[PDB]
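Snapshot of LSZ102 at Estrogen receptor.
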Amino acid sequence: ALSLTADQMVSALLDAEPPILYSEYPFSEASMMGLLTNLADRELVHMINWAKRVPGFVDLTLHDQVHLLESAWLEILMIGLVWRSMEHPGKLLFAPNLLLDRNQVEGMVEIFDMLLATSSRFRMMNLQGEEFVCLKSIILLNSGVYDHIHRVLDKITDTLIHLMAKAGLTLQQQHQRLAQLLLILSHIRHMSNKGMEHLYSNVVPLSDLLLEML
Amino acid sequence: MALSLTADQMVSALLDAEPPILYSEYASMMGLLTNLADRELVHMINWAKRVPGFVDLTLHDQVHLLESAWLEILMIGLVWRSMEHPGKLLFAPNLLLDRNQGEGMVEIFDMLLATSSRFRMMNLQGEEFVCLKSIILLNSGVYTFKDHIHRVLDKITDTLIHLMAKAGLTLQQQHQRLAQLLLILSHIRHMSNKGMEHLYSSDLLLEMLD
Ligand SMILES: CC(F)(F)c1cc(F)ccc1-c1sc2cc(O)ccc2c1Oc1ccc(/C=C/C(=O)O)cc1
Ligand SMILES: CC(F)(F)c1cc(F)ccc1-c1sc2cc(O)ccc2c1Oc1ccc(/C=C/C(=O)O)cc1
């Protein structure tokens, strides 16, 4: 974990990427929720396989692994959502067969627009895939900490910087972009909080799930 | 305007803009905190107006940023004051509450303690603190409304790095510490949302700015 170079870290994260799942082959509030709920359920399974391939995660106790996934699972789904929705302005790509707009469930339009704004921010910054997988790993490891983990987090920070330095950015630009990316995570946390609020205002067996994976 | 300020000039402006540490009046624990928060809000507006680049913004934008960040700013201030008091939160010098003094807020309290311990373990400096508080003000509501904000945010980033470089930290330790600090802002946002929904369980901002 702490032995990996920045390049080894990147390739390991890239190859550990979860597959793009499909929705079940007009919508109502109930039907829309059912599709999204089912999609998220099947995605959680792959998220666990991905998490167990994130450097330093399996080094943790099963107790800590459950706690980190329980806190970050919606954040991870959301950043995954806004990432694949980058090439679709004004639209969210939940699934290749499920591309929705603003007009496409009461109480969700606020978080929907927040996800759209985040996607536009990534597109404006021209977020790269190598940067995306680093941000996703950070979310997993940081969302539920409150010195092994912090050292792994520092390693991912070095990896991000390495990617920016290799891209030709000046050290000032490296620090600025790093700051810009990590501040977005605060907004992703915000969207998750509102999401966890609204959703639980069917798919929560991460403790159950992770244990049956063993 | 503020885009011409140096790192040291940015620090000096923020340090001198710092709000005073208010006192509590010499169950009803909520009443005291509500009153304290009310009086702190007035000074927060004065502080915000002195944050470099904040007055260059639309007033409606100034209001939006303040309403989105006001609890985050109150909390990071609390965490800052409580740094030298392990296991306690210093809402006021005469209002120092323990963990068990903290229905349901014991969760919010523990998160505030944990944040206080981290800043203590990181040995957060005052110059770093005022920068973090400035970031919170400018970043918390930027995705719920122009490019001026991001420019100002970029120079606060420049300021933070400068402070770390002056402290003697290596260039690797600089971006690592920068990352650690900003990741804590995510948890502060989390505490605010959890706090905001408990206060649940703001158009007067324009008046104070008018
Ligand atoms: C706006 C919105 F739809 F994204 C959205 C707005 C919110 F307030 C909250 C969540 C969302 C999301 S984002 C996520 C991204 C994707 O990769 C896949 C699914 C969707 C998921 O839909 C979901 C997600 C989880 C559940 C769980 C319910 C249960 O356990 O009973 C139900 C529907
Ligand atoms: C008490 C606590 F910190 F745990 C806590 C847990 C939460 F879930 C949410 C907020 C808090 C806090 S943090 C803040 C830090 C300080 O500088 C000053 C006061 C306190 C404030 O007490 C408050 C703050 C605001 C209000 C608003 C009431 C209204 O508008 O009517 C009421 C009480």
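Simply put, chain letters go A, B, ... down the sequence lines. Numbers in chain A come straight from the PDB entry, and the residues shown are 307-331, 336-414, 418-459, 473-527, 532-544, in order. Quick note: numbers on chain B are straight from the PDB entry, i.e. 306-331, 340-415, 419-461, 472-527, 537-545, in order. Counting starts at 1 for both ligands and their atoms, in listed order. Heavy-atom basis, side chains included; hydrogens, waters and symmetry copies ignored.
- Lab note: other chains with heavy atoms under 4.0 Å from LSZ102 (ligand 2) -> B.
- The part of B:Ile424 lying near LSZ102 (ligand 2) is the side chain, judged by heavy-atom distances below 4.0 Å.
- Contacts between B:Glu523 and LSZ102 (ligand 2), counted as non-hydrogen atom pairs separated by less than 4.0 Å, are absent for every part of the residue.
- Near B:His524, meaning under 4.0 Å from any of its heavy atoms, are these atoms of LSZ102 (ligand 2): 8 (F).
- Mapped onto UniProt domains, the residues of chain B touching LSZ102 (ligand 2) mostly lie in NR LBD.
- Considering backbone and side-chain atoms alike, B:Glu353 places an N or O below 3.5 Å from some N or O of LSZ102 (ligand 2).
- Examination of the model shows no covalent partner of LSZ102 (ligand 2) on any chain.
- Restricting to residues UniProt lists as binding 17beta-estradiol in chain B, the heavy-atom distances under 4.0 Å from LSZ102 (ligand 2) involve B:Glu353, B:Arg394, B:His524.
- The shortest N or O to N or O distance between B:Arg394 and LSZ102 (ligand 2) is under 3.5 Å.
- In the vicinity of B:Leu428, heavy-atom distances shorter than 4.0 Å reach the LSZ102 (ligand 2) atoms 3 (F), 4 (F).
- Under 4.0 angstrom from LSZ102 (ligand 2), there are no non-hydrogen atoms of B:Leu402.
- The source organism of chain B, per the PDB record, is Homo sapiens.
- If you look at B:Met522 next to LSZ102 (ligand 2), there are no close heavy atoms at all, none under 4.0 Å.
- Taking every non-hydrogen atom of B:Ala350 and a distance limit under 4.0 Å, the qualifying atoms of LSZ102 (ligand 2) come out as 24 (C), 25 (C).
- Heavy-atom proximity to B:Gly521, at under 4.0 Å, picks out these atoms of LSZ102 (ligand 2): 7 (C), 8 (F), 9 (C).
- Applying a cut-off of 4.0 Å to heavy atoms, one finds the binding site of LSZ102 (ligand 2) to be B:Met343, B:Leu346, B:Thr347, B:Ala350, B:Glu353, B:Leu387, B:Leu391, B:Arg394, B:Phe404, B:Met421, B:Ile424, B:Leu428, B:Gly521, B:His524, B:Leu525.
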